[PDB]
Amino acid sequence: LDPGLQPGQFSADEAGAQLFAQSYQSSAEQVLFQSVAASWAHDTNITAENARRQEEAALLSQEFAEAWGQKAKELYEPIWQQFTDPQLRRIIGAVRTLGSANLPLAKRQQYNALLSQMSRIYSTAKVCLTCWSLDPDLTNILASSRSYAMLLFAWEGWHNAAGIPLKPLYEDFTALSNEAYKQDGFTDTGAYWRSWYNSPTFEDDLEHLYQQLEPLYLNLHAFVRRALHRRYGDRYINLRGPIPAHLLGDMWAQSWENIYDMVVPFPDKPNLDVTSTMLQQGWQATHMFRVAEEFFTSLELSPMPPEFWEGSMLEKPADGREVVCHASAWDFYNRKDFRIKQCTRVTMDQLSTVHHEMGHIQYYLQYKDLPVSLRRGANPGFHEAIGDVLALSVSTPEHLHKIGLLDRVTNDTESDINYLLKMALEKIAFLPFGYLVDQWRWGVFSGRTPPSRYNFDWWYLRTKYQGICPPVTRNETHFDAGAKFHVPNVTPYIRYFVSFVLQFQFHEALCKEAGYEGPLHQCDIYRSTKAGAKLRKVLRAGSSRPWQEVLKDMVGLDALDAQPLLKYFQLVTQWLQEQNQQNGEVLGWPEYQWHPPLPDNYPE
Ligand SMILES: *[C@@H]1O[C@H](CO[C@@H]2O[C@@H](C)[C@@H](O)[C@@H](O)[C@@H]2O)[C@@H](O[C@@H]2O[C@H](CO)[C@@H](O[C@@H]3O[C@H](CO)[C@@H](O)[C@H](O)[C@@H]3O)[C@H](O)[C@H]2NC(C)=O)[C@H](O)[C@H]1NC(C)=O
Ligand SMILES: O=C(O)[C@@H]1C[C@@H](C2CCCCC2)CN1C(=O)CP(=O)(O)CCCCc1ccccc1
Ligand SMILES: *[C@@H]1O[C@H](CO)[C@@H](O[C@@H]2O[C@H](CO)[C@@H](O)[C@H](O)[C@H]2NC(C)=O)[C@H](O)[C@H]1NC(C)=O
Ligand SMILES: *[C@@H]1O[C@H](CO[C@@H]2O[C@@H](C)[C@@H](O)[C@@H](O)[C@@H]2O)[C@@H](O)[C@H](O)[C@H]1NC(C)=O
Ligand SMILES: [Ca+2]
Ligand SMILES: [Cl-]
Ligand code: NA
Ligand SMILES: [Zn+2]
């Protein structure tokens, strides 16, 4: 570790810890910048040389974390929990968490190499017949093909190409990750991840939220399954079984918005899928980011700095570079450089993703003056919710009209049902998936799910919560969890379930603050500087304060709450229940063992 980056001696008291934290911040920014920059260079240009550079930067970060973490314990272990400065307690708490820096050198290198190789495999995997990438090629097939056999080829091809080679690496990663965090005092890595929510009843709290939400998902599921049965027929759709996992418009069946045309009940109302209008009008990726930015500035939040426009990767490169296309938002920890890396496609759902990413950036801009250790969301679910809250306002027909994407605005109950159904395909359908991904990983980290049951337990959970089934037989040579970005890229997922609940609590509070009085689903907080001020107070707080207190200041409650989401969707919840009763549906999938047959001439 460079001499200028090493911790000196400080007095073993709170005054000394303040100075220690200031000195840490100065050097941490340098070490994080080099690590984030090396990761950027690789993720926008996947090469062996750039991977090498990123692994060397990660090794330096581990040296830094070990030196400062050990110094924090040497000086403050018996006293930091009693410091009067609550933010300093949180800073010291973070610095003394070494994570992978607990590993000896050789295992650090193995750990860093595994992360690099799992990332490369996921983002360079192809499906060949001439080869298709996940983004845009297979994504577009899953979204717009209605050939059962073509969807199956893409779904099976992708899961095989990404998942199979990842399994041996993921086993090794898990063991090293657990070894690292056991030395920070956690039973396993999942316990460390769950500890971020600082709730002794986290898992019970989540389960009670899901019990309130599940009836909405069950009714959406049955209605969509019936719509698919009318198109694909009784051979490929079992009205009492799980839905084949490749038929819902998305590789992971996690968002069902692409099958809106098959379920829309009132099709002579305005067409809420504005993708075709975006294309007709000549929208490009940069337009989508400028439109998102101007929503933020309408709230008197910050515009994107020049460094963002000059440095970001907002489209897939056409120069032959391999890149990580999965959308992400980057803080370089120098208070200057902030970037999005997204292979943006011109579609309505990508407009939502753009807003999601710019919500991340906006958080970074607002808390950039805090100490580096507090530059994060009040909890990770907060960070995932910011952009989604704005996207809820952007998606309303009145707002789409204002930005020229919808010529006619109607305000009637049929239009309400269309709108809420489309939003439910996006928000309700996701809930079981957002919940189940980390249940899978928590079991892997705890040892409940050994490598010999990776796929067995994945599909147990996929069927249990989502009510889907694989369209071809799978076995433990397959590693289908690994075919989802966040698993090989070691990004926790429960934050997205928390986000999908939280964003409706935020929306309700900001709509009230904006003076809006009508139905929650027609609120648009555009140009509400009062709502902007309330959101800004959250963003500027970072992790300086307990999330429960930040939430209470914002929405009036110190806990996650499903009631705002339930209230948003109430009209379509009742409508779907009525439709399913009238149609004689079975809610759920009691024929849980059912899988569809293979097409006759497959893959031929
Ligand atoms: C879409 O339309 C709904 C319903 O509009 C109502 O019913 C129609 C058939 C017409 O008769 C309308 O004239 C009538 O308002 C709108 O929802 C309604 O919004 C108004 C405010 O714009 C709400 O009134 C307020 O209520 C609060 C608390 O009660 C008072 O403090 C205010 O002073 C004000 O009176 C009204 O409650 C609300 N109704 C429902 C059922 O939500 C909706 O705003 C509209 N959408 C858009 C985008 O304009
Ligand atoms: O794709 C998913 O599964 C989820 C749900 C989706 C969301 C889009 C808007 C509407 C609701 C669904 C967004 N997302 C993401 O992973 C996008 P991120 O930036 O969090 C992914 C961040 C990955 C970790 C990272 C962070 C910084 C730099 C490099 C890597
Ligand atoms: C992608 O990364 C590679 C390195 O992995 C870059 O190639 C280097 O480019 C510099 C300047 O052009 C040369 O001096 C080096 O000799 C190159 N190294 C190798 C290994 O080829 C490449 O420029 C990057 N591409 C983009 C578009 O940024
Ligand atoms: C695992 O699965 C591989 C792929 O074939 C699958 O299983 C066979 C039995 C058929 O049902 C086919 O439709 C499926 O896609 C096999 O190549 C492999 O042998 C299977 N077994 C193991 C241990 O890997
Ligand atoms: Ca779409
Ligand atoms: Cl999380
Ligand atoms: Na989608
Ligand atoms: Zn995100």
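In this chain, residues are counted from 1 in sequence order. Values reported hereafter were calculated over all heavy atoms of this structure, with side chains retained and with hydrogens, waters and symmetry mates removed. For ligands, and for the atoms within them, numbers begin at 1 and follow the listed sequence.
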Student: Help me out, what's the drug found at ligand 2?
Tutor: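 It is the drug fosinoprilat.
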Student: Quick check: main partner chain of fosinoprilat, as named in the PDB entry?
Tutor: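 The chain with most contacts is Angiotensin-converting enzyme, soluble form.
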Student: Report all residues and nucleotides of other chains within 4.0 Å of fosinoprilat (non-hydrogen atoms).
Tutor: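 The heavy-atom cut-off picks out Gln254, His326, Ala327, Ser328, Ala329, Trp330, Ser352, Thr353, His356, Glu357, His360, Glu384, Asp388, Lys484, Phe485, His486, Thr491, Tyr493, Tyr496, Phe500.
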Student: Could you identify the single nearest non-hydrogen protein atom to atom 27 (C) of fosinoprilat and state the distance to 0.1 Å?
Tutor: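 Checked against all protein heavy atoms, atom 27 (C) of fosinoprilat sits closest to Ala329 O, 3.3 Å.
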Student: Using distance alone, decide if fosinoprilat has a nitrogen or oxygen within less than 3.5 Å of any nitrogen or oxygen in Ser328.
Tutor: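 No; the residue has no nitrogen or oxygen that sits under 3.5 Å from a nitrogen or oxygen of the ligand.
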Student: If you have a sec, work out which protein heavy atom is nearest atom 15 (C) of fosinoprilat and how many Å separate them, to one decimal?
Tutor: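 Its nearest protein heavy-atom neighbour is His326 NE2, 3.4 Å.
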Student: What protein heavy atom lies closest to atom 14 (N) of fosinoprilat? Include the residue and the distance to one decimal.
Tutor: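 The closest heavy atom on the protein side is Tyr496 CE2, 3.8 Å.
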Student: May I ask you to check whether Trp330 has an N/O atom sitting below 3.5 Å from an N/O atom of fosinoprilat?
Tutor: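 The answer is no, given that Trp330 and fosinoprilat share no N or O pair closer than 3.5 Å.
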Student: What is the nearest protein non-hydrogen atom to atom 12 (C) of fosinoprilat, stated with its residue, atom name and distance?
Tutor: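 Ranking protein heavy atoms by distance from atom 12 (C) of fosinoprilat, first comes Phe500 CZ, 3.9 Å.
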Student: Mind checking which other ligands or ions are less than 4.0 Å from fosinoprilat?
Tutor: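 That comes to ligand 8 (zinc ion).
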Student: Point out the UniProt domain of chain A where most residues touching fosinoprilat sit.
Tutor: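 According to UniProt, it is Peptidase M2 1.
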Student: Below 3.5 angstrom, do we get any N/O pair linking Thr353 and fosinoprilat?
Tutor: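 Checking fosinoprilat against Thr353, no N or O pair falls under 3.5 Å apart.
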Student: If you measure every N/O of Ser352 against every N/O of fosinoprilat, is any gap under 3.5 Å?
Tutor: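 N/O-N/O distance under 3.5 Å: no.
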Student: Please tabulate, one line per pair, the protein N or O atoms found under 3.5 Å from any N or O atom of fosinoprilat, giving the distance to one decimal.
Tutor:
from         : atom 1 : to     : atom 2 : distance (Å)
fosinoprilat : 3 (O)  : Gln254 : NE2    : 3.1
fosinoprilat : 3 (O)  : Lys484 : NZ     : 2.8
fosinoprilat : 3 (O)  : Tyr493 : OH     : 2.7
fosinoprilat : 16 (O) : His326 : NE2    : 2.8
fosinoprilat : 16 (O) : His486 : NE2    : 2.7
fosinoprilat : 16 (O) : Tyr496 : OH     : 3.2
fosinoprilat : 19 (O) : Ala327 : O      : 3.4
fosinoprilat : 19 (O) : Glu357 : OE1    : 3.2
fosinoprilat : 19 (O) : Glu357 : OE2    : 2.6
fosinoprilat : 20 (O) : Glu384 : OE1    : 3.2
fosinoprilat : 20 (O) : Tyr496 : OH     : 2.6

